[PDB]
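Lab note: Carbonic anhydrase (Carbonate dehydratase), acetazolamide bound.
The chains carry the letters A, B, and so on, in the order of their sequence lines. All residue numbers given for chain A refer to the PDB entry; the residues shown span 2-224 in order. We number chain B the same way the PDB entry does; the residues here are 2-224, in that order. Remember, it's 1-based here, ligands and their atoms both numbered in the order they're listed. Basis for what follows: all heavy atoms, side chains included, without hydrogens, waters or symmetry-related copies. Method of determination (from the header): X-ray crystallography, 2.0 Å.
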There are 2 protein chains.
Amino acid sequence: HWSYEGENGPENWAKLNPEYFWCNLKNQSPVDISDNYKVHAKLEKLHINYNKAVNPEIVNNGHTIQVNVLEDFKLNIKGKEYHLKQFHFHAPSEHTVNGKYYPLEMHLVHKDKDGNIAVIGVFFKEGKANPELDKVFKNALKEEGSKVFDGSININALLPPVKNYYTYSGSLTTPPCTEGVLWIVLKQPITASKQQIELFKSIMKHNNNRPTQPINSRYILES
Amino acid sequence: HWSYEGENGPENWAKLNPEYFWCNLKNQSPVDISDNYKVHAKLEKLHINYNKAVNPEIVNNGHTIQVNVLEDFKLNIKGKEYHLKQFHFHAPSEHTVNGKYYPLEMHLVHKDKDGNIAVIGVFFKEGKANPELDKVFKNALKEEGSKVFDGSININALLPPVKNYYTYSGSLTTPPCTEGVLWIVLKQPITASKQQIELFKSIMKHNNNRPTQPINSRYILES
Ligand SMILES: CC(=O)Nc1nnc(S(N)(=O)=O)s1
Ligand SMILES: CC(=O)Nc1nnc(S(N)(=O)=O)s1
Ligand SMILES: [Zn+2]
Ligand SMILES: [Zn+2]
C-alpha cells in the first residue's frame, strides 16, 4: 500500500504496482506554479454553481477526508461536460505558487462520460473560519470509514468569489497518477481558521501532499 | 519492427515492444492544431541561426530521410539550451492546422545536456522550389543506408523568415513515442516544388506521417 513517507513514499510509488507506471512519466502533478513558465491568456470563463450537496458522504480513506456528492453538478469547459464526483483535502497544499505552500488545498474532482478527469484546486490561507469546513472536518471519522452527513454543504462557499485561474495538463496526485488530467487551480485563496486546519491535520496524523513534479515541456496558462 | 501500416502500423505500435508503452498515453504527437484549443500569448522569441551544415550525413532509415549535422547549433528556449542533432521529413505532414494537411513537414530535432528533446516543425506547401531540398532528396540513397553529402546545407533556407509559432507539450512521433517533448511548430509554411515533394514520396514509397492524436487536457500556445 502507498503512503506519503517511508518505503511506500511518493519516491517509490511507481515500484509498488505495475499500474503506477504513470507516477514516473513527464506530465505529473502537482507542480510549482512559477512565473518562469506561466503565461497570461484569454481563457474560457469558469461557469460553475455548486449550490449545495444534501446528505453527502464524508469519507476518511486514510489518505484524505473526501466528500462524495449525490447531486449532478456540471462543469463545462474545454469542450467537455464534466460532472463533479467529490472533493477532498491536502495539508499542506500540493501546488505551490512561486515556491509558496498554502496550509490547505481542496480538490474538486470531476469526470465526464468518457472517464476524462478535471480537478479544480482551491487554496486556503489561515484567517476567518469557513462555515462549511466545520461540517466536513467535525463530522469526519477519526479512523478509516465513511459516514453520511446529516445536512447540506454549500460548495460555492468553499470557492473564492472571483474565479480567475491557472490551468495546465497534468495527473492525479495519488497512485495510479494517471495523466491527461485537466487542472484548474483558482488563483484567489480563501480562508480557513487555524483550528479548522489543525483539526484536519490532526485527523490525518501526517502531511498528505505529494512533492511538486518537474513541469518539463509544459506551460501553465493564467486567465 | 514498426511501420506506417498493417499489423505493425501506428495503431499497434504499443504492442510491438514494452518500451513503446508511451504511444498509448495522454500527451502524444502529432496533434491537430485547432482554434478550439489554441490560445494566443506573449511567448519567448525564437532565436536560431542554423548557418550551414558542412558535409552532413544523409540517412535513409526506411522511415524517413534524415540529415545528421556535425556542427553544434544551439536553440535556447524555455530555460533550456538545446542542441540541434538532425532534421528529417514526413509526407504528408504530421501536424495539421484546423484539419488541414500540408504535403510536407520538416522536423529539426534538438536535445539538451540532460536528454530533453525539442522539435521544431516546418510546413511546406507546393510552390517555388527550395534550393536546399534538392541537396537532401537528390543525394539520399533509395535504399536504407547513409551517405555523406559533399557540400553544405543552409538550414536557415529551410525556415520561414517570420518565426511566429505554435507550442505544446507532446511526444516523439515514432516509437518509443517518449513524452516530455517540447514542440515548436512554425506558423508560416515555406515552399517546395511538386517534383521535390514527389521525389521524397517516391523514395519513401509510402506515407510516413503518424495519425494525429487526442489533445486531451492540453492547450496549444500561439505566439
Ligand atoms: C479515486 C480518485 O479520484 N483518485 C484521485 N487520485 N488523485 C486525485 S487528485 N489529488 O489528483 O484530485 S483524485
Ligand atoms: C532518434 C530520434 O530522434 N527519434 C525520433 N522519433 N520521432 C521523432 S519526431 N518525428 O518526433 O521528430 S525524432
Ligand atoms: Zn487531491
Ligand atoms: Zn519527425
- Counting duplicates, which ligands or chains stand for acetazolamide? ligands 1 and 2
- If you measure heavy-atom distances to acetazolamide (ligand 2), which other chains fall under 4.0 Å? B
- Using a cut-off of 4.0 Å, list the other ligands and ions near acetazolamide (ligand 2). ligand 4 (zinc ion)
- Query: Counting heavy atoms only, which of B:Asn62, B:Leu173, B:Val120 is nearest atom 13 (S) of acetazolamide (ligand 2)?
  - Reply: B:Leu173
- Message: Minimum distance, heavy atoms only, to atom 10 (N) of acetazolamide (ligand 2): which one of B:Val182, B:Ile118, B:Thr65, B:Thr174 is it?
- Response: B:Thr174
- Message: Against acetazolamide (ligand 2), does B:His91 come closer than 4.0 Å with any heavy atom?
- Response: yes
- Query: Looking only at distance, does B:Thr175 have an N or O less than 3.5 Å from an N or O of acetazolamide (ligand 2)?
  - Reply: yes
- Listed by chain and number, which residues of other chains have a heavy atom closer than 4.0 Å to any atom of acetazolamide (ligand 2)? B:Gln87, B:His89, B:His91, B:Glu95, B:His108, B:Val110, B:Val120, B:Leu173, B:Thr174, B:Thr175, B:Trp184
Give every pair made of an N or O atom of acetazolamide (ligand 2) and a protein N or O atom lying under 3.5 Å apart, one pair per line with both atom names and the distance to 0.1 Å, or write 'none'.
| unit_1 | atom_1 | unit_2 | atom_2 | d |
| --- | --- | --- | --- | --- |
| acetazolamide (ligand 2) | 3 (O) | B:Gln87 | NE2 | 3.3 |
| acetazolamide (ligand 2) | 6 (N) | B:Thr175 | OG1 | 2.7 |
| acetazolamide (ligand 2) | 7 (N) | B:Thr175 | OG1 | 3.1 |
| acetazolamide (ligand 2) | 10 (N) | B:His89 | NE2 | 3.3 |
| acetazolamide (ligand 2) | 10 (N) | B:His91 | NE2 | 3.4 |
| acetazolamide (ligand 2) | 10 (N) | B:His108 | ND1 | 3.4 |
| acetazolamide (ligand 2) | 10 (N) | B:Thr174 | OG1 | 2.7 |
| acetazolamide (ligand 2) | 11 (O) | B:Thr174 | N | 2.9 |
| acetazolamide (ligand 2) | 12 (O) | B:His89 | NE2 | 3.3 |

